[PDB]
Amino acid sequence: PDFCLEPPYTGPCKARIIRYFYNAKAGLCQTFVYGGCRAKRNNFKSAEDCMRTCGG
Amino acid sequence: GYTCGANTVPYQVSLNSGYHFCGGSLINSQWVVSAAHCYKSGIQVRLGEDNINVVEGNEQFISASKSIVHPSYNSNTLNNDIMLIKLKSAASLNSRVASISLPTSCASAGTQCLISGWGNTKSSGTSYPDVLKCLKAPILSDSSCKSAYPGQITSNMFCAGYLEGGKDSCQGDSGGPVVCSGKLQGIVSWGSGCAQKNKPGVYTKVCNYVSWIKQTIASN
Ligand SMILES: CC[C@H](C)[C@H](N)C(=O)N[C@H](C(=O)O)C(C)C
Ligand SMILES: [Hg+2]
């Protein structure tokens with residue numbers, strides 16, 4: 001999945017919600033800050049979701 | 001930003017889900033106003049906070065019964081970015097927990113307002129405060145807001161801050177107050193980054209919603 005290679009996107013909104021993204025470089029799911037809106041697909045609510053969809 | 005001072009913004013609330021993710025404003029004993037993009041499950045509201053990381057003895061942690069996002073919130077344009085939260089139990093209003101009055105009219109450009117939150121304190125970089133931060137910023141003109149953000153500003157939004165940069169609201173601040181002459185005129189909502197030049201913060205225009213908030217609080 002091609003979206004799994006894409007950099008984490010915080011976006012314009014100003015919430016501080018911890019989510020997961022796939023870090024291709026490290027070969028694992030990492031946490032980042034998500035601003036609460038306009039999320040991109042490399043944005044998961046748990047490691048487990050991230051790993052299931054992206055973990056390659 | 002500056003350190004507001006302990007319990008100096010008594011209507012400021014932290015929304016917690018295991019950690020601080022948003023702010024909000026107490027509008028009465030049982031109701032909080034926040035942003036629609038702050039909607040989560042399992043919200044715990046924390047009142048009487050200053051240091052969100054230690055327990056200082058003025059706190060009330062109260063869970064949310066109900067969380068009501070505006071029926072016309074658009075996830076994409078961020079229009080109608082407003083949500084109400086009903087507390088499970090009424091708060092005890094004291095000197096460190098007090099609510100904020102809703103506006104009778106809309107505030108004009110050039111009105112200086114207080115914006116407060118536990119969000120990031122570095123424009124570029126990362127630093128989340130223990131204590132509450134405050135920021136005095138003017139309401140900007142519709143004309144300048146729309147030119148800062150072409151085709152993105154609806155009648156339910158306003159800009160506030162400094163075209164120069166370095167003074168803004170950041171991630172962690174959403175849902176939190178913009179209070180102008182004692183009245184809740186805005187909610188911290190979005191921006192293109194933060195504290196960037198020519199890109200002021202964008203705030204939900206609370207004066208357009210006063211009828212909705214009242215009737216919704218009344219019938220819930
Ligand atoms: C609104 C609460 C405060 C002022 C935010 N979180 C903040 O510390 N902003 C910094 C600033 O000093 O304005 C930063 C430069 C965005
Ligand atoms: Hg920022």
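Within every chain, numbering begins at 1; the chains are lettered A, B, ... in the order of the sequence lines, protein sequences first and strands thereafter. Atom set for the values below is all heavy atoms of this structure, side chains included, hydrogens, waters and symmetry mates excluded.
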By the name used in UniProt, which chain has the largest number of heavy-atom pairs within 4.5 Å of chain A? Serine protease 1
What is the name of the drug located at chain A? aprotinin
Contact residues, aprotinin (chain A), heavy atoms 4.5 Å: B/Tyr19, B/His20, B/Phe21, B/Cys22, B/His37, B/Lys40, B/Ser75, B/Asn76, B/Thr77, B/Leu78, B/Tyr128, B/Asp168, B/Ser169, B/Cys170, B/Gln171, B/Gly172, B/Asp173, B/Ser174, B/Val188, B/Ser189, B/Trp190, B/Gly191, B/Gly193, B/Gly201
In this structure, which residues of aprotinin (chain A) contact chain B at a heavy-atom distance of less than 4.5 Å? A/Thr10, A/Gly11, A/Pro12, A/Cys13, A/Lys14, A/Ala15, A/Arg16, A/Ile17, A/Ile18, A/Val33, A/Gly35, A/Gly36, A/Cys37, A/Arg38
Which residue of chain B listed as active site in UniProt is nearest to aprotinin (chain A), and what's the minimum heavy-atom distance to 1 Å? B/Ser174, 3 Å
Which of the Ca(2+)-binding residues recorded by UniProt for chain B place a non-hydrogen atom closer than 4.5 Å to aprotinin (chain A)? none
Please list every residue in chain B that UniProt marks as binding substrate and that has a heavy atom under 4.5 Å from aprotinin (chain A). B/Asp168, B/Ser169, B/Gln171, B/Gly172, B/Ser174
I'd love to know which UniProt domain in chain B has the most residues in contact with aprotinin (chain A). Peptidase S1
